[PDB]
Trainee: 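Just downloaded a structure that has peramivir in it.
A, B, ... follow the sequence lines: proteins, then strands. Residue 1 opens every chain. In listed order, ligands and their atoms are each counted from 1.
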Protein chains: 4
Amino acid sequence: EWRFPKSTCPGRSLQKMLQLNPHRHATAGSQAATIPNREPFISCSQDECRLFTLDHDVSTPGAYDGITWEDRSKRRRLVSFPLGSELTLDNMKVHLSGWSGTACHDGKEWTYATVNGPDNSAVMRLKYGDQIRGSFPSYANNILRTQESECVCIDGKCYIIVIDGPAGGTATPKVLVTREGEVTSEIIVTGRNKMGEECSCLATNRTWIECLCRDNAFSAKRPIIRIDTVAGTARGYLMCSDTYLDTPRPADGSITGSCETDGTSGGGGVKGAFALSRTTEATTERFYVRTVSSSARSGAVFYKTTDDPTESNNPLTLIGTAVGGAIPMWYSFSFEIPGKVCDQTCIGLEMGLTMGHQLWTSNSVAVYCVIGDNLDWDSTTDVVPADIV
Amino acid sequence: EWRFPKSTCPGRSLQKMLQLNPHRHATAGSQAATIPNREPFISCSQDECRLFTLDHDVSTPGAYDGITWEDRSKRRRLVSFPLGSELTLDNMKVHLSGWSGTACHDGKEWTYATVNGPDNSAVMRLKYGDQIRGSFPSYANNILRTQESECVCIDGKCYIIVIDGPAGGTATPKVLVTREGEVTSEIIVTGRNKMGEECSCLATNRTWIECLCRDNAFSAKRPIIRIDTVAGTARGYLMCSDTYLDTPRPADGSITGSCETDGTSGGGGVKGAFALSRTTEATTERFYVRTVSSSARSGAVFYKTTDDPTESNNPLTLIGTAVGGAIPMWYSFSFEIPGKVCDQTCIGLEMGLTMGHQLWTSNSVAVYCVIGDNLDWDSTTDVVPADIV
Amino acid sequence: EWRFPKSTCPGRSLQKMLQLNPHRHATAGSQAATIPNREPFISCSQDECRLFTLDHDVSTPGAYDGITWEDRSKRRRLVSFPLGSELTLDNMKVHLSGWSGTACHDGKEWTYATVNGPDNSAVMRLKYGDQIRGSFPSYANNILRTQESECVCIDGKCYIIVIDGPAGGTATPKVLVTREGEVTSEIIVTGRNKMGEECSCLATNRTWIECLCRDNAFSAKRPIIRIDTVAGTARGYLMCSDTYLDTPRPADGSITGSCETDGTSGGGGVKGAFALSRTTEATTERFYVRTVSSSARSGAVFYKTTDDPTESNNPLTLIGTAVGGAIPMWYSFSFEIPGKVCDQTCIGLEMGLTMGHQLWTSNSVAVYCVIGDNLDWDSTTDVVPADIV
Amino acid sequence: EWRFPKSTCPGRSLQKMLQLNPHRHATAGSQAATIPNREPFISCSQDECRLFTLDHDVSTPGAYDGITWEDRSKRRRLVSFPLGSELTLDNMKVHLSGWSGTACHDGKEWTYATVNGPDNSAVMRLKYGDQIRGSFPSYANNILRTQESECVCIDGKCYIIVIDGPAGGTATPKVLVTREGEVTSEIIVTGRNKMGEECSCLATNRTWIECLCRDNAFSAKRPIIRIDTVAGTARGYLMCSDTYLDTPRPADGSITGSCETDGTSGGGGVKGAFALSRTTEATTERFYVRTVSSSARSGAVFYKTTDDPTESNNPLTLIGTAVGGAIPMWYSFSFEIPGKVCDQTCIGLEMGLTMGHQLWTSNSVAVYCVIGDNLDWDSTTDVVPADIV
Ligand SMILES: CCC(CC)[C@H](NC(C)=O)[C@@H]1[C@H](O)[C@@H](C(=O)O)C[C@H]1NC(=N)N
Ligand SMILES: CCC(CC)[C@H](NC(C)=O)[C@@H]1[C@H](O)[C@@H](C(=O)O)C[C@H]1NC(=N)N
Ligand SMILES: CCC(CC)[C@H](NC(C)=O)[C@@H]1[C@H](O)[C@@H](C(=O)O)C[C@H]1NC(=N)N
Ligand SMILES: CCC(CC)[C@H](NC(C)=O)[C@@H]1[C@H](O)[C@@H](C(=O)O)C[C@H]1NC(=N)N
Ligand SMILES: *[C@@H]1O[C@H](CO)[C@@H](O)[C@H](O)[C@H]1NC(C)=O
Ligand SMILES: *[C@@H]1O[C@H](CO)[C@@H](O)[C@H](O)[C@H]1NC(C)=O
Ligand SMILES: *[C@@H]1O[C@H](CO)[C@@H](O)[C@H](O)[C@H]1NC(C)=O
Ligand SMILES: *[C@@H]1O[C@H](CO)[C@@H](O)[C@H](O)[C@H]1NC(C)=O
Ligand SMILES: [Ca+2]
Ligand SMILES: [Ca+2]
Ligand SMILES: [Ca+2]
Ligand SMILES: [Ca+2]
């Protein structure tokens with residue numbers, strides 16, 4: 001009946017599943033209406049996986065595709081594609097207008113959620129199947145926004161992280177608890193809770209969720225939020241490892257102080273992701289990504305640890321380079337593939353493609369999942385934005 | 001088994017679901033065969049919603065797309081798209097040739113109905129699943145025509161409003177009662193029944209339907225038709241509110257006399273729509289749309305009331321501007337999304353796009369549904385017809 | 001379980017269902033890969049109807065589409081489209097290579113059949129679901145060929161008419177009896193059996209089939225073949241009505257002699273079609289089509305009769321002009337839409353489109369079904385072949 | 001429940017099913033994004049057949065399609081199409097990144113497998129449904145690679161042939177045994193086991209599999225591998241017939257010595273295929289293909305035998321020319337169509353299309369299945385690579 005977390009399929013590393021690269025088809029002579037997009041992610045039901053992303057109501061090539069750099073507008077929608085379909089106009093399915101998104105399947109229906117509206121009074125609407133069942137207004141009146149990756153559903157209830165407030169300062173996240181798309185409760189995030197953008201969330205066992213977020217103001221350490229779905233509580237932490245996962249970031253280990261010490265820099269950031277191995281009782285290993293560059297959104301490097309990331313300052317263990325440092329690499333996202341026997345967690349990579357500041361902007365998506373013992377290969381795009389017509 | 005009206009999902013306002021904007025993809029350099037169309041509407045089964053519209057047997061860009069301004073021809077067909085698929089040639093499904101349309105799902109199969117033929121001897125054909133099961137000839141021999149929005153099915157019977165006669169004068173509507181697409185009875189509309197074009201109809205409780213129509217000859221007040229499906233009776237009214245919903249219209253409240261008093265102007269009009277909240281016994285709130293302009297089809301403004309619209313002359317309560325007054329806004333349509341637990345009603349907006357008189361003509365469709373407490377955002381097209389190639 | 005003929009849905013005339021017109025989208029500026037084709041027909045299961053046709057392994061516009069006039073080649077395939085999908089490359093489903101085709105659903109699976117090979121040693125292959133289950137070699141070594149319209153399945157067995165031999169002389173048709181695509185018997189056509197091309201076949205009651213064919217050598221009267229599926233017998237007749245249905249043809253009634261008298265002319269011909277009303281015991285009315293012109297394949301006119309067409313020389317009763325006489329009109333085909341309550345028969349029209357002799361060739365398909373009391377409207381293409389790019 | 005081999009449908013020859021020829025649509029004026037590809041094959045479930053192939057993350061026409069000659073890269077993916085859909089961008093489904101592929105349905109889910117990574121440390125990943133369940137690293141560190149045709153599943157276990165090592169020398173194949181995509185055992189190939197590339201495998205009865213492979217270093221005779229799935233053993237043989245099936249090859253019968261004698265030449269080769277007739281206990285006839293030319297990959301000729309191909313040096317019996325000798329013909333592949341009553345085996349043909357050395361490269365796929373008594377027709381492409389735009 002309801003989706004719930006199972007023990008994960010055996011795996012000790014990350015290996016490539018697939019890559020979608022629609023703008024390979026947007027060169028001179030090509031015959032395709034490709035869909036430029038940003039903030040992509042994947043979510044799955046027991047029947048299918050889907051690539052969700054935020055579009056711009058436009059295809060490339062085309063005269064209107066110059067707006068694709070914008071973060072928020074009346075054009076953007078949460079749309080999706082069967083996973084493995086290329087990102088073309090005829091493959092696209094529009095779910096909700098809006099400029100920040102999440103989605104997740106509870107075992108019976110999809111919940112889709114976007115934020116729509118002006119920056120000072122935006123509204124999250126939640127769609128369950130075909131109906132808008134939930135509505136959640138801005139509480140801080142400063143760009144209400146959500147994860148840009150899948151939410152987590154356990155036992156008929158789905159858990160969505162939202163935040164509202166200055167992107168350059170204190171902004172308190174909330175956990176929304178939904179049932180059939182209706183917001184039935186809010187969970188207050190206690191502890192280290194002054195930031196937490198764009199959380200990537202995975203169940204750590206049968207009843208707990210862990211979210212890896214972005215602190216856009218205070219620290220190059222990533223916030224971690226843990227949700228006890230049985231108690232209905234959530235607590236914020238700061239990831240303690242010397243291997244800081246955000247971008248930009250200082251040199252590894254150089255932030256002096258306790259685990260929850262911010263560090264001197266910390267302005268800016270990027271959405272990050274992780275994957276894991278777990279039993280029904282505990283997470284046994286975590287897999288992390290960060291950029292190659294400590295200053296720019298370029299490259300992707302995988303790491304792993306069996307330590308508790310909220311407690312240990314130990315460096316993470318190098319797995320290897322999934323995207324070379326010369327290649328733009330922007331957001332990354334967690335997702336889980338539910339199975340009949342075991343579940344599997346994965347990391348997707350937004351390999352960014354852009355002509356420059358306030359010019360055409362999109363991406364290619366590469367997907368790596370927890371399986372095997374060593375990284376198999378790195379990913380490239382072989383797309384030169386100058387060639388996009 | 002059969003579709004029947006349930007109590008609606010909680011909601012106290014209208015908020016945006018999504019928007020389809022196919023001709024964003026019809027600019028220079030684009031690679032899409034988009035489908036120019038007019039009179040769009042949405043209807044849903046328990047399995048899916050579909051965007052229905054009347055096409056012109058042509059895609060844009062293309063040499064033949066200059067006929068898309070025509071109301072009636074041998075080219076037009078009732079076609080549909082899965083709701084959320086963009087309006088492209090490969091996504092299109094053709095149901096019936098004809099130039100006026102309606103469709104509705106009874107819980108087992110779709111009923112599709114169009115009027116086809118010459119103006120003086122047109123025939124409505126009704127298709128149930130794959131078979132043409134019903135045929136209804138013109139009775140006034142002057143453009144037999146129907147709702148341009150979904151019909152309503154209750155307990156295995158569907159209810160369709162048709163009209164026939166001068167668009168500039170008295171034309172008596174009829175309610176057709178269908179079963180598996182066969183016209184099994186006609187219901188005579190009593191009361192205020194001298195007009196009633198393009199009705200948007202929704203169940204007001206378990207057994208009654210209310211239709212909001214267009215009086216194209218006599219009044220800027222919209223006719224309302226109520227159907228008792230158990231008694232098999234229908235009565236026409238004139239909407240009494242000082243907030244007149246048709247376009248063009250005089251200033252609010254300025255029509256002197258009783259509720260059913262026509263007013264001095266009233267020539268012309270536009271299809272209108274409403275949505276509602278209801279229990280199994282009664283409608284508890286109604287939501288209405290009209291243009292911003294009192295003379296031109298531009299803008300869309302939402303209103304609400306808990307009054308009986310056939311009795312009270314009270315002004316409606318302003319919800320807000322869904323489409324700015326500088327933006328063309330033509331037809332609007334009601335539809336209902338059936339649910340396993342509750343039903344939901346919505347308003348769709350035909351945001352018109354045209355190069356001018358007897359030139360290329362189509363639209364973008366914006367959808368708002370009953371949910372939340374305040375209007376979230378207004379809709380734009382960002383399509384300049386001059387840019388369509 | 002198995003498909004079998006039911007009594008037909010009430011109807012006393014022919015009225016338009018829909019029209020597919022893919023090459024409306026093949027003009028300058030258009031963005032569609034349309035599928036030029038000839039010999040189209042429709043067949044249905046209980047789940048869906050499909051438009052079948054013979055393609056040329058090419059789309060229009062395109063450099064190779066100049067071969068589309070050819071009757072037979074190594075390029076042609078039996079392909080199909082969900083009925084109502086337009087005839088574009090992405091909508092197409094290829095079933096079997098070959099240059100003469102038929103298909104029919106037995107209630108469990110599709111049987112598809114084409115003839116493939118050189119003119120003097122062609123082979124019919126029959127595909128049941130995904131497997132080639134049947135193979136039937138040429139017996140007269142002179143263009144083995146079949147109906148170019150749907151076959152008929154009753155009680156798990158399907159009935160296919162084939163012919164082999166000179167198109168300008170005596171060629172004896174055979175009825176193939178298939179089960180799961182395997183040819184399990186051949187039925188010898190007795191009686192008037194010296195010709196019978198391209199039969200359009202419909203059940204006349206629970207156990208009999210009637211086929212309306214083309215005599216390409218001897219007569220402007222159409223051969224009729226009746227199959228008793230219980231006895232496993234088939235007999236050929238010549239349609240007796242003074243209203244001769246083939247093209248070219250002499251003036252009505254001018255063939256002197258008995259019903260089976262050929263008449264002096266008779267060379268050439270065109271595939272024809274009919275529809276009917278029936279109970280489980282008998283056919284109660286038949287509907288026929290022929291061209292407007294008695295010398296050229298132009299126009300389509302509908303007729304009806306309650307007489308036995310193998311016995312009565314009475315003129316048929318005029319229903320009216322479905323396609324004006326200025327419009328090319330080539331093949332027509334019978335098909336049946338099975339229903340849960342009643343079946344429905346229909347006639348489809350190949351409205352031909354061509355640039356001329358040995359130049360680009362295709363069509364638009366218009367569909368009329370048995371329903372209502374009067375013809376509703378005639379069909380046009382509004383496609384000028386000169387405009388096809 | 002589980003797929004297992006049934007007795008095959010009656011048939012004594014090979015006859016054409018269908019052909020897919022996407023680049024017919026890639027000429028001047030065309031409107032299609034076609035998918036250039038190599039190493040195509042077909043695999044089927046009980047629900048559908050699919051055309052699998054290895055793409056290049058590009059469509060034709062398009063600026064990037066010049067890489068399509070490459071064997072291995074970070075661009076290639078195992079993708080598939082419903083069998084009968086043409087090979088266009090919107091029809092494509094991406095399964096796994098990688099440059100060598102196989103896939104097979106076990107009755108419940110698809111197993112897809114590709115090799116990904118650098119030549120010296122490639123990794124096979126196996127995807128079962130939506131999850132990566134298996135991972136198998138290179139064991140000889142020299143282009144780990146697999147069949148380029150479907151694997152075989154029997155009783156819930158699937159059998160995949162892999163090889164690793166010098167393509168110009170001794171390279172030992174292994175049989176991987178998978179369950180839900182997990183590699184549960186490896187079977188050592190005994191006997192004649194020093195080579196065995198790109199095996200085409202079919203069940204020979206209820207519990208045994210036979211694979212026809214390519215010896216790329218030592219012999220123009222094809223290796224044959226037989227797997228006893230009950231014992232879990234596999235043995236390699238050399239095909240003994242005087243009719244040598246590889247290309248290039250010496251004149252028939254001219255290799256002096258025993259069945260397992262290599263012969264003096266043998267460098268190079270091409271993937272080959274066979275089909276068969278079988279009961280539940282034994283294979284009763286085998287059907288083979290080889291090129292027309294003994295030196296170039298051109299033409300295709302069918303043969304048959306009732307002898308044991310590992311024992312008898314008798315020449316095979318000529319069936320006939322399926323592809324004329326002037327037409328490029330590269331890989332061929334075996335596949336089986338499972339049925340409710342009987343199974344059917346087939347041979348597919350990669351009719352190669354290329355502009356030349358290190359230039360644009362793709363193919364057309366022709367399919368022949370075991371049915372009938374004589375070859376019906378040969379296949380052509382009628383594609384001139386010079387015309388591809
Ligand atoms: C202003 C707050 C930002 C999040 C920390 C901002 N989010 C939204 C909803 O606008 C993101 C940020 O500006 C962009 C990025 O860092 O790449 C993407 C952008 N995200 C979206 N456009 N959805
Ligand atoms: C002449 C009667 C009119 C309805 C009041 C007319 N309806 C039809 C069937 O022609 C509508 C009207 O002329 C147009 C409009 O007002 O926008 C649309 C147009 N509707 C359609 N073309 N379907
Ligand atoms: C030579 C015998 C003819 C049938 C009487 C011929 N049939 C075939 C299989 O070639 C038809 C005829 O030449 C053409 C026509 O009359 O329109 C179509 C053509 N039919 C097809 N090309 N499938
Ligand atoms: C180097 C080993 C070769 C197999 C014997 C080589 N295989 C791979 C995985 O590269 C094949 C060979 O080079 C090409 C051919 O012979 O056509 C195809 C090519 N196969 C693929 N590109 N998948
Ligand atoms: C999941 O983990 C949390 C934190 O370690 C623990 O309190 C809880 O009991 C665990 N749940 C189960 C079902 O073991
Ligand atoms: C629906 O409303 C009508 C009009 O108010 C009323 O007569 C009827 O009884 C109601 N139906 C139900 C089931 O309450
Ligand atoms: C169908 O019609 C034929 C010919 O008139 C007749 O012989 C047969 O009995 C009929 N079948 C049934 C089931 O009535
Ligand atoms: C299949 O064939 C092998 C080899 O001939 C034989 O050993 C085995 O018994 C056969 N299996 C069955 C089920 O007959
Ligand atoms: Ca930061
Ligand atoms: Ca009016
Ligand atoms: Ca004739
Ligand atoms: Ca060799």
Trainee: Locate peramivir in the structure and give every matching ligand or chain.
Mentor: ligands 1, 2, 3 and 4
Trainee: Give, per the PDB entry, the macromolecule that holds peramivir (ligand 4) with the most contacts.
Mentor: Neuraminidase
Trainee: Can you point out the other chains with any heavy atom under 4.0 Å from peramivir (ligand 4), by letter?
Mentor: D
Trainee: Counting heavy atoms only, which of D:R214, D:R72, D:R297, D:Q147 comes nearest to atom 1 (C) of peramivir (ligand 4)?
Mentor: D:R72
Trainee: Please say whether D:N216 places an N or O atom under 3.5 Å from an N or O atom belonging to peramivir (ligand 4).
Mentor: no
Trainee: Test your reading of the structure: does D:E70 have an N or O sitting under 3.5 Å from an N or O of peramivir (ligand 4)?
Mentor: no
Trainee: For atom 6 (C) of peramivir (ligand 4), what is the closest protein heavy atom, and at what distance to 0.1 Å?
Mentor: D:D71 OD2, 4.4 Å
Trainee: Tell me the organism the entry assigns to chain D.
Mentor: Wuhan spiny eel influenza virus
Trainee: Would you check whether D:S100 has a nitrogen or oxygen atom less than 3.5 angstrom from a nitrogen or oxygen atom of peramivir (ligand 4)?
Mentor: no
Trainee: Within the protein, is there a heavy atom lying under 4.0 Å from atom 3 (C) of peramivir (ligand 4)?
Mentor: no
Trainee: Are any of the heavy atoms in D:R76 under 4.0 Å away from peramivir (ligand 4)?
Mentor: yes
Trainee: I need the residues around peramivir (ligand 4) for my notes - heavy atoms within 4.0 Å, please.
Mentor: D:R38, D:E39, D:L54, D:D71, D:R72, D:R76, D:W99, D:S100, D:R145, D:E148, D:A167, D:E197, D:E198, D:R214, D:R297, D:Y331
